[PDB]
Trainee: 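Drug: dihydrotestosterone | Macromolecule: 17-beta-hydroxysteroid dehydrogenase type 1.
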2 protein chains.
Amino acid sequence: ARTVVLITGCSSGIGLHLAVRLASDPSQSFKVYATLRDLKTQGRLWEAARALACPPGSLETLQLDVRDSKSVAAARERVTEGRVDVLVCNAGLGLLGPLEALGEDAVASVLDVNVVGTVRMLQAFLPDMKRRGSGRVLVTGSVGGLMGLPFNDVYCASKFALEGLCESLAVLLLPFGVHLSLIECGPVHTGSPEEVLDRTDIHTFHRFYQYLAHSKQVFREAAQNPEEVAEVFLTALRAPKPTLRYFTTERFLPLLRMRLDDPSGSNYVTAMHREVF
Amino acid sequence: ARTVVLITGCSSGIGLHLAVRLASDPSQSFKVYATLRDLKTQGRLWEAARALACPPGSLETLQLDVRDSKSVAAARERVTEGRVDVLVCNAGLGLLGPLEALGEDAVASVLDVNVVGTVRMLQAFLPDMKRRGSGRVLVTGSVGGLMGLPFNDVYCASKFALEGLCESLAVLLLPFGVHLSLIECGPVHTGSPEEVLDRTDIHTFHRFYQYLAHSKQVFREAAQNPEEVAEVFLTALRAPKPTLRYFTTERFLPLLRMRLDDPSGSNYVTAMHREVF
Ligand SMILES: C[C@]12CCC(=O)C[C@@H]1CC[C@@H]1[C@@H]2CC[C@]2(C)[C@@H](O)CC[C@@H]12
Ligand SMILES: C[C@]12CCC(=O)C[C@@H]1CC[C@@H]1[C@@H]2CC[C@]2(C)[C@@H](O)CC[C@@H]12
């Protein structure tokens, strides 16, 4: 009857706002499983759910740790309807800093949550979709998945990885009737200094500050409401033939095109260096 | 005096051929540390070294496991010259199959060797390069880093990740005088069926066969000599101002451009589906 949606990473941000947008939809078309790594963070989702007056039974929370394939399987068994019509792979971690200041565990964690975590969800959920010959997968992407950003080396690695993962899968899934799309987000309004200085050189440290200053100004001028981003997920959801990629904004497309039409990377690296520094 | 080169993944392929090309250079400009995960595989490198008559002391082998930051640090201490002029990040794993048939450990291993392994090398070696204000980093890339290939979902994820990692770093390293370049390789002439069938559906299994058939024909028609690929690394090495990206072939550039100029991904996914299936 209803469209069953399971969303990862609902404790804040896009995931939180998408979950309550869908559950509160005036048409009541959606049953939403909002999943979270730590149940102690669920308060914010329930406060938003109340604000939007989600009908009882339109929204349920599950604990799901995308690092643990047992946790993934336990949450899938909790989908009482026995299918997922829309899977939204949104859990993700950022990681910001000079590459040599990043702990090895932090690097592996970002990769595990952002890439392997999405692999675990797709392994768990794609089979029943392929069998039914139907289902929609939406994956939260980033501008940092489409072009490299300084001091985001590992975050960008992880978001570029989701691009390759999803594009590869889409080439195969086409004749199966299962549609996968990336939702490419720019900024969204959702170590300490001594720590970082201890792990890098003064010149890199200064470039980091410059990057942070520029980033803050891009964010204050350009950040989108998660309400507006969530509606782009909805657009993808309802598209009779969805495309592989949706963009939540036109903002970064000129930078992207400059990347796109000089494959040597020389124009992009130059332009981004000037843009930031 | 000599240009000190440390290359990862020298047991076969590009890494093996690049190592002996450099060590055997008639000019004797290069001292090469060819590194390998398992020393039992070093025979092939030494057979090639003899064939090309590398002078004694032009080539040394080190054991290096890019999964282990202690192994990385132990090999760096073995660079008797106390600097690395050229770091070649080439170790890599493939992974081929229906996504749901891939073991979780195999997925994590590919990511660890191909992405985190390269992060470990850059963390270990970039600091002294930035300090000197000089050094060249060359990273073995792939066509699968630039466009998604069906049944290579995790391999492509890993090779897309190297793109984001390197591009992000290049934006920063520009004013430091340290130059990083990807060398984008097409095919290079360097589970059992019951296993895979047990882990997927018959229809995906059949698409896998089709992909393998097409792949084999692309390889037989298009595979390059690693001798020819190694010379593209040399070109990058010697370029007074290197670009971010070198391509070893023009072959896949029409497919890439079609990807590049439809950001929605719709033309690429369609064209690649038709190309393979
Ligand atoms: C990381 C930031 C800033 C913080 C964030 O939420 C993600 C966002 C993605 C767009 C980036 C931006 C930093 C400034 C950049 C790099 C602009 O120059 C162009 C794209 C911007
Ligand atoms: C994985 C393969 C085949 C095996 C290999 O060594 C890597 C190589 C990269 C180019 C791929 C190719 C498979 C066939 C493809 C997908 C062609 O259609 C275009 C690019 C090709």
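Chains are designated A, B, ... according to the position of each sequence line. Numbering, chain A: per the PDB entry, residues 1-190, 198-284 in sequence. We number chain B the way the PDB entry does; in order, the residues shown are 1-190, 198-284. Whatever order the structure lists them in is the order used to number ligands and atoms, beginning at 1. Side chains included, hydrogens not; waters and symmetry mates left out as well; all remaining heavy atoms used.
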Trainee: Report the positions of dihydrotestosterone in this structure by ligand number or chain letter.
Mentor: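 Including duplicates, the model places it at ligands 1 and 2.
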Trainee: Which other chains are in heavy-atom contact (under 4.0 Å) with dihydrotestosterone (ligand 1)?
Mentor: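 The other chains with a heavy atom that near are A.
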Trainee: Under 4.0 Å, heavy atom to atom, what does dihydrotestosterone (ligand 1) touch in the other chains?
Mentor: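 The heavy-atom cut-off picks out A:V143, A:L149, A:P187, A:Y218, A:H221, A:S222, A:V225, A:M279.
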Trainee: Just jot down the dihydrotestosterone (ligand 1) atoms closer than 4.0 angstrom to any heavy atom of A:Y218, in number order.
Mentor: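 Within the 4.0 Å cut-off of A:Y218, dihydrotestosterone (ligand 1) contributes 1 (C), 13 (C).
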Trainee: Give me the residue, atom name and distance of the protein heavy atom closest to atom 13 (C) of dihydrotestosterone (ligand 1).
Mentor: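 Result: A:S222 OG, 3.6 Å.
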Trainee: In dihydrotestosterone (ligand 1), which numbered atoms sit nearer than 4.0 Å to a non-hydrogen atom of A:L149?
Mentor: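 Contacts of dihydrotestosterone (ligand 1) toward A:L149, numbered from 1: 16 (C).
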Trainee: Which atoms of dihydrotestosterone (ligand 1) are found less than 4.0 Å from any heavy atom of A:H221?
Mentor: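 Checking each atom against A:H221, I get 14 (C), 15 (C), 17 (C), 18 (O).
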Trainee: Nearest to atom 7 (C) of dihydrotestosterone (ligand 1), what protein heavy atom do you find, and at what distance?
Mentor: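 Here the closest protein heavy atom is A:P187 CA, 4.2 Å.
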Trainee: Name the UniProt active-site residue of chain A nearest to dihydrotestosterone (ligand 1) and give the heavy-atom distance to 1 Å.
Mentor: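 Least heavy-atom distance to a UniProt active-site residue: A:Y155, 6 Å.
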Trainee: Students should be able to answer this: which protein heavy-atom is nearest to atom 19 (C) of dihydrotestosterone (ligand 1), and at what distance?
Mentor: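 Of the protein heavy atoms, A:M279 CE, 4.4 Å lies nearest.
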Trainee: Distance under 4.0 Å to a non-hydrogen atom of A:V143: what atoms of dihydrotestosterone (ligand 1) satisfy this?
Mentor: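 Checking each atom against A:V143, I get 9 (C), 10 (C).
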